[PDB]
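Structure record follows, encoded as structure tokens.
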Amino acid sequence: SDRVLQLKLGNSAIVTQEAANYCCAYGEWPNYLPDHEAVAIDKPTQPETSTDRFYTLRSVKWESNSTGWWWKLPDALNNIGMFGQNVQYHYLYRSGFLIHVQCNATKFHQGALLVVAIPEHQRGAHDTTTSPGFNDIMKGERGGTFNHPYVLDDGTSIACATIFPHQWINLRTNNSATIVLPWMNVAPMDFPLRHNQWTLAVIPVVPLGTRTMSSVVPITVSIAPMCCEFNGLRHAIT
Amino acid sequence: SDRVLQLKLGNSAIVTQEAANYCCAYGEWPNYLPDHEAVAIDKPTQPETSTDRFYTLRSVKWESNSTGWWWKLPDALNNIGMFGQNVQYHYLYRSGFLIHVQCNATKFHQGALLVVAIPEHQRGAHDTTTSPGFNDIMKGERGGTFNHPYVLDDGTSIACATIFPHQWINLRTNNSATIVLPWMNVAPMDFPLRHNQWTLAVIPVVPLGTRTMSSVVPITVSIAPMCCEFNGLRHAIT
Amino acid sequence: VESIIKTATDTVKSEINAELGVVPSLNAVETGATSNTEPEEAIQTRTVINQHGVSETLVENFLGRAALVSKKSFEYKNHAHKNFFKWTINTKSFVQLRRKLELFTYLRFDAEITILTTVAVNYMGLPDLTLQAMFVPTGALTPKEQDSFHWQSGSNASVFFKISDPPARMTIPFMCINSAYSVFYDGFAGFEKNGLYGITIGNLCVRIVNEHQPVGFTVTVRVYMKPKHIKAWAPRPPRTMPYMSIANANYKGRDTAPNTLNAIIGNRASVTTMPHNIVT
Amino acid sequence: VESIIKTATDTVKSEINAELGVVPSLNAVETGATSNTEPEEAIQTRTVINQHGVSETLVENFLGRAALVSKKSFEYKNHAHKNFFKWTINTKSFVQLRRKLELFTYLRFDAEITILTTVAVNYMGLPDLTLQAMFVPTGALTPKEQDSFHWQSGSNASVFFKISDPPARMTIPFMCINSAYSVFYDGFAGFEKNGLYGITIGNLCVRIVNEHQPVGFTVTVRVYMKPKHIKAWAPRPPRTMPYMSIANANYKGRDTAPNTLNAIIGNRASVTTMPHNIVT
Amino acid sequence: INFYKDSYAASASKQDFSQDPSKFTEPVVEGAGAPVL
Amino acid sequence: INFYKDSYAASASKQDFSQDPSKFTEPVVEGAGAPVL
Amino acid sequence: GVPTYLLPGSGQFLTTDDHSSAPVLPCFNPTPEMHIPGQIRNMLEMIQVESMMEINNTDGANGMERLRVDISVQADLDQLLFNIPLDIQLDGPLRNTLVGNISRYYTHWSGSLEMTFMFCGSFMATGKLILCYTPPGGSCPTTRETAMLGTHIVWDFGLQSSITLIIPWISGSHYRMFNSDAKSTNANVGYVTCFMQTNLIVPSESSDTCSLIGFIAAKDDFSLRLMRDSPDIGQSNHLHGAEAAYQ
Amino acid sequence: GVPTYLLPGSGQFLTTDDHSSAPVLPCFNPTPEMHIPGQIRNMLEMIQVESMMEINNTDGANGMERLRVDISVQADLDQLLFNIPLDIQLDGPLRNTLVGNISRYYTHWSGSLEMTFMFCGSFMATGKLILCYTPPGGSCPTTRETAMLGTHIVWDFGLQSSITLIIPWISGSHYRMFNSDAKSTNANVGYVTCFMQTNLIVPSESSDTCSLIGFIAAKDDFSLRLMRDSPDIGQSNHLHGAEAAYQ
Amino acid sequence: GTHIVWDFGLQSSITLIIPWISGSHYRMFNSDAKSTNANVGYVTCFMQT
Ligand SMILES: Cc1cc(CCCOc2c(C)cc(-c3noc(C(F)(F)F)n3)cc2C)on1
Ligand SMILES: Cc1cc(CCCOc2c(C)cc(-c3noc(C(F)(F)F)n3)cc2C)on1
């Protein structure tokens with residue numbers, strides 16, 4: 001009964017019949033900014049349903065030699081729907097996220113994906129002293145891929161990545177992962193266009209394999225901002 | 001009435017009609033490991049009667065020019081009966097010991113043996129800087145002999161050895177010595193194959209003498225482990 | 001959930017188990033939760049009153065150690081680094097401290113700074129010089145010369161110390177503009193795209209106040225930092241690849257294992273090979 | 001049995017004795033017990049209120065003295081022991097301390113460490129150098145050079161002191177993995193037979209932080225240890241034969257008495273010869 | 001204690017013995033030996 | 001007393017005046033001037 | 001005035017001392033505290049989270065291939081699949097783990113460890129394995145008959161994907177030590193070996209070679225003592241930009 | 001601040017001082033105490049245990065032969081068997097004993113000593129001896145008529161194998177001193193001599209030469225003061241391996 | 001096995017108890033000495049000294 005789950009936010013809903021319970025990052029849950037923690041004094045806008053809903057990004061194809069994928073939040077959504085609009089029209093934003101990564105195959109398929117939400121995932125470049133550039137970091141909806149997943153592209157290690165909020169999608173066990181992320185920052189709000197609180201990484205620790213009929217096995221990411229708040233209204237930085 | 005004594009453990013018993021009371025090392029008595037002193041968390045095995053019984057080692061012949069004998073515990077018993085089996089199959093052991101050294105002669109014989117249980121008797125080699133080797137230390141049931149009993153083969157002195165739990169076997173007085181040894185270590189348990197808590201030393205401070213019919217005068221050692229406990233079960237290190 | 005832990009948890013004696021529908025040793029890693037199998041459920045245990053303390057692993061203590069954050073040596077002589085230096089403060093120059101700090105995402109702490117000075121002749125004896133360490137916050141003007149007006153330090157905090165005195169020392173309060181320092185920053189410094197990715201405290205300016213002597217000396221200043229009143233958040237995977245720059249997490253890896261980009265752990269003949277097997 | 005003793009026991013006056021079946025002066029050494037004959041039973045005594053204190057023989061005091069455990073002198077100069085040394089800690093190098101510690105089988109105590117430094121020119125004056133003593137526990141990496149990264153001491157405990165300051169000092173807690181230190185170990189260090197018999201704390205690494213001077217100096221570091229908060233178990237026969245190695249109890253004895261393997265006490269003409277007989 | 005006027009100048013705070021491992025070890029919503037699935 | 005936070009840093013403990021010589025002098029089980037045998 | 005005298009240790013700088021010191025910025029008001037998710041107060045909290053063991057640390061295995069152990073349908077019985085060196089001090093499969101990395105900042109440890117293995121083969125794949133923990137003393141067992149005599153768990157692949165092998169704290173001394181001598185009696189923890197209890201059986205359309213991922217973590221009865229610098233990080237030269245900080 | 005001034009003695013390092021000092025490892029948790037047999041709290045406990053006197057410290061006696069005094073069936077009466085120099089400071093039969101060794105770590109002593117002799121001849125052997133303690137003042141007595149005038153005990157060989165001679169504390173001063181001058185009035189303790197009270201009589205099949213073992217110990221009225229380094233141990237060079245500790 | 005160490009002395013005699021150690025309630029006087037329902041075991045005597 002913890003293998004079945006339905007998520008409903010705004011005008012969107014998702015169900016899964018092969019879940020693995022679900023993770024609440026650091027045991028927290030999203031919430032609006034309380035008066036005793038607030039800084040920006042202008043009255044904020046709380047769009048609710050028009051922004052707190054599931055947004056599904058373009059899928060990626062899980063291949064035998066895939067290294068892994070990543071999407072940075074809120075960058076990945078900064079140009080999608082009303083969430084993107086508010087982000088472009090406001091200097092400050094704040095929100096949690098409900099992440100649902102989905103991937104199904106066959107009972108003859110095997111593979112295991114580590115689905116981890118990394119706070120402040122500051123990437124590193126490989127074999128050079130030059131820091132990563134803007135285009136190396138800001139991929140938007142498309143997201144990026146890992147060059148050296150073994151060290152999470154930052155000189156550390158995927159082996160210890162489990163220290164971060166995560167779940168796995170082990171094909172023989174489940175077909176989706178769900179992670180609820182609360183606001184994660186040292187400030188009550190932030191400027192959405194130049195800083196990413198979380199990075200969603202989906203890495204195939206165990207490659208996709210099977211001896212049955214070969215078919216395209218996609219991986220799809222659906223993300224729903226939660227308890228969105230926006231301050232510092234101005235024109236849009238499209 | 002303190003010249004007569006019977007010791008009974010498990011299926012073994014010993015009596016002596018010429019004892020000299022008996023020594024309880026440091027006034028202590030063997031006991032099982034209490035919960036508030038325990039370290040190894042696995043449930044231990046307490047064999048009781050199959051291990052807590054008297055084991056008699058091969059005798060030695062007391063000669064006019066003998067220098068003394070020694071047996072290290074638990075090494076001396078690590079290959080005898082069920083005690084030895086448990087020791088070979090477990091990583092950790094713990095136990096006290098009831099030592100009974102016996103030697104009788106004639107009312108025309110004279111001789112005095114110092115029977116002392118030395119804790120942590122770390123041997124030293126003579127006239128060399130090289131530390132004693134494995135075979136110099138691990139003699140098993142046979143035990144070893146002193147090269148320079150005068151200094152207890154460790155650069156100290158037999159004269160002050162009485163500081164350790166002991167008794168004497170003075171032929172005109174008694175024919176046996178009994179010493180009860182409690183667990184002696186800085187740890188609640190230990191690995192039986194590479195460390196000896198006690199060393200039983202029997203040294204003839206006063207040589208054997210007589211003018212009557214000459215006959216072989218043996219010295220026999222019987223040792224009974226007490227309150228045995230074993231932890232860390234695995235295969236046998238035979 | 002939350003509770004006060006002063007010692008390692010005790011162990012309770014456990015009995016034989018043969019219960020249907022109860023499989024404590026089975027788990028599901030996919031949930032993201034760590035195995036919750038207790039020793040008492042995996043094997044038969046005895047009762048153990050564990051008195052092992054857990055103080056040394058308190059974050060306050062783990063990070064509560066003075067570590068070298070800066071080391072600079074220069075020539076003290078007649079320059080006809082001119083008898084003083086300016087250091088743009090950062091905590092990414094020395095790997096020992098850096099790696100520990102980077103075990104966390106966010107850190108809030110006051111910083112105890114200790115300054116150690118040594119001198120060597122370029123022998124007639126060692127001079128007991130007086131130095132001035134001035135904290136020049138972001139936006140303030142940094143000294144242009146050994147004797148420029150900046151050193152009158154009317155508002156900046158300065159500390160004057162002699163080489164013969166014990167190392168200088170003072171506490172820098174937690175001074176971030178946020179509730180905690182960002183050990184890692186997945187963002188850019190400016191509103192334009194040409195900005196710097198990742199990762200300002202200011203400049204520590206140190207000079208010898210004494211005028212130059214007839215001969216030259218080499219003076220080395222070592223600065224140590226010890227965080228205290230610490231609060232930490234979101235532990236992270238430890239650094240494995242050698243560091244390359246103080247400005248980023250760029251990596252390359254050692255030339256040969258261990259810690260090569262290709263293999264963090266050194267190789268063994270096979271998965272059935274026991275490296276330091278006991279040959280009794 | 002157990003009781004609080006603050007002064008030597010008093011003596012009670014005793015009268016004449018002629019009791020049958022009562023022979024206090026007779027004993028049986030074979031029992032292993034020491035004679036329990038009281039002075040009052042051996043001769044006629046008077047009453048004596050003995051006020052002699054017994055404080056100086058308290059174990060805490062007997063062992064509570066700072067003793068030299070390490071002494072190392074090296075050359076402080078341009079090496080083109082390179083201005084630093086690594087000492088594998090042990091308490092068996094100096095006989096005075098060693099013998100006292102070896103009067104016991106087990107010892108539990110915190111250790112107060114004091115470091116004394118002196119220097120000599122190889123005359124233009126003595127430099128007031130700064131040194132760093134770093135405690136490198138078992139398994140940690142030891143410095144390879146006078147200025148290697150190891151010295152940034154991010155977690156190891158280091159103490160920086162000047163030659164002009166009072167000796168450096170700190171307390172090392174009782175740090176055994178057991179309830180007490182094993183002054184003697186009748187066992188081997190490893191699971192294999194080739195292991196070392198008998199008898200790890202770590203390494204004390206000391207360097208001069210100052211760069212080398214134009215001339216050379218000899219620097220000597222003396223380390224002293226004073227145990228405190230002491231608990232001792234199982235007294236032992238004192239060492240008589242001179243020590244040979246720090247790694248074992250090997251013995252050889254002096255060439256001639258006293259303390260020769262053949263005779264610990266020097267000889268006298270005969271058992272009826274009084275050595276320092278008073279010739280009035 | 002602390003003789004300076006600013007509280008941040010005080011010595012270390014080594015008394016925070018509270019902890020909640022579960023936020024890292026069991027961040028799952030639905031909480032023995034019963035099948036976790 | 002002790003101004004350091006760790007109790008092991010304290011000065012010496014010279015007040016343990018209890019003792020039981022008998023554990024070394026009379027380690028015999030069966031306890032005047034009567035024959036010890 | 002008050003008569004005083006300086007004690008040895010006066011004027012020294014002990015990196016581990018603990019005293020108050022002059023505040024550089026008097027009357028400074030630190031930023032108000034805010035609640036932030038994931039606060040950690042004791043490093044023990046961190047090492048209780050299981051992380052991946054690099055069990056396949058062999059030549060030919062690159063990157064993540066080193067994190068998974070591949071097992072295939074056997075032709076013989078009671079086959080040994082792999083063993084795990086329990087070296088935390090000496091480089092080994094356990095070194096680069098949360099528990100391993102953090103423990104290496106200390107010298108003494110005590111407590112039970114736990115190894116969890118997740119089977120990542122296809123759903124149609126079945127099998128039973130036996131994971132054994134062998135307390136120290138002898139050579140690492142090479143046959144199931146021998147391994148089977150130690151602490152173990154028989155694992156049946158099924159809906160619950162993972163099994164846990166508790167490595168109970170079984171030591172003579174209260175603590176073990178991270179000795180540079182792997183065969184030391186105060187350091188060696190023993191061995192972990194894995195054998196087929198039965199065999200890995202899969203149908204024609206399933207891969208006949210499957211991977212296992214092993215994780216390890218400390219339990220709450222764990223304790224670490226005597227902090228030291230980790231041997232896992234070093235520096236030979238200045239890092240790029242380190243010197244430019246003075247320019 | 002507080003006005004102060006440094007006193008003479010400031011900055012010095014007295015090996016016998018007693019102060020607290022900075023803890024190297026903050027928050028370190030020492031291993032829990034466990035009960036261990038044989039705890040000793042005062043060195044006086046140790047010297048109360050009797051140990052063997054090397055009475056036969058003569059040329060020709062090697063090793064343990066020096067620990068036993070051989071007495072044989074006499075042909076004459078009132079024969080002197082042996083005497084014992086009571087030198088604890090000057091090398092003598094009492095020096096290498098528990099009481100002797102430990103006392104030599106001090107300079108002043110006070111209290112009664114006790115000498116116990118155990119007869120180790122055959123059971124069929126009989127005899128009576130007289131052990132005399134002679135307070136200082138003159139020459140060591142050489143005849144029983146003279147020795148007999150001091151503190152003594154007449155010993156009858158029998159079932160109880162051992163006899164005890166109490167050397168009562170008889171001194172003018174509260175303490176005696178371990179002077180390098182054996183004839184000093186503050187050091188000399190007197191003499192102990194042993195004569196045949198009757199004779200050693202044995203039958204044909206018993207050895208006609210028997211040994212005695214002498215032990216000595218302090219009573220509970222003993223006290224030691226003014227600690228010093230023992231003259232019983234020295235060093236001329238580095239011990240083997242001492243220098244290799246730096247390699 | 002089950003044993004007693006005997007020291008010759010004033011008490012002239014020693015007793016060795018052969019405790020009833022059997023699987024079955026009773027043993028049998030089988031004409032087959034090696035029968036599992038008949039064989040009682042052995043008694044041996046050695047010099048201790
Ligand atoms: C990220 C991050 C940022 C920090 C703050 C480090 C602060 O340390 C500096 C500061 C602000 C001041 C001095 C300093 N040195 O001397 C003086 C004085 F002159 F004010 F005393 N201040 C030294 C360092 C390293 O820690 N982590
Ligand atoms: C057996 C046995 C073991 C011991 C422990 C001796 C501990 O002494 C060492 C230690 C651990 C540390 C230092 C030390 N010196 O300096 C430092 C500092 F740098 F940490 F301060 N530590 C010196 C010695 C001799 O005592 N008996």
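Order of the sequence lines sets the chain letters (A, B, ...), proteins ahead of strands, with each chain counted from 1. Per deposition record, X-ray crystallography, 2.3 Å. Read the numbers this way: they start at 1 and go in the same order the structure lists the ligands and their atoms. Readers should note that the entry appears only in part, and the reported contacts come from within that part. Quick note: numbers below take in every heavy atom, side chains included, and nothing from hydrogens, waters or symmetry partners.
Selecting from belzutifan, glaucine, pleconaril, nafamostat, savolitinib, the compound at ligand 2 turns out to be pleconaril.
In this complex, the main macromolecule engaging pleconaril (ligand 2), as named in the PDB entry, is VP1.
The chains other than those of the drug that have a heavy atom under 4.0 Å from pleconaril (ligand 2) are D, H. By chain and number, the binding site of pleconaril (ligand 2) (heavy atoms under 4.0 Å) reads D/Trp87, D/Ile89, D/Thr91, D/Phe109, D/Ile113, D/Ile115, D/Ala133, D/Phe135, D/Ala157, D/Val159, D/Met170, D/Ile172, D/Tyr181, D/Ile201, D/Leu204, H/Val24. The name for chain G in the entry is VP3. Taking atom 4 (C) of pleconaril (ligand 2) as the reference point, the nearest protein heavy-atom neighbour is D/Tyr181 CZ, 4.0 Å.
Of the protein's heavy atoms, D/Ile89 CG2, 3.6 Å lies nearest to atom 9 (C) of pleconaril (ligand 2).
The protein atom (non-hydrogen) at minimum distance from atom 19 (F) of pleconaril (ligand 2) is D/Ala133 O, 2.8 Å. Looking only at protein heavy atoms, the nearest one to atom 24 (C) of pleconaril (ligand 2) is D/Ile113 CD1, 3.8 Å.
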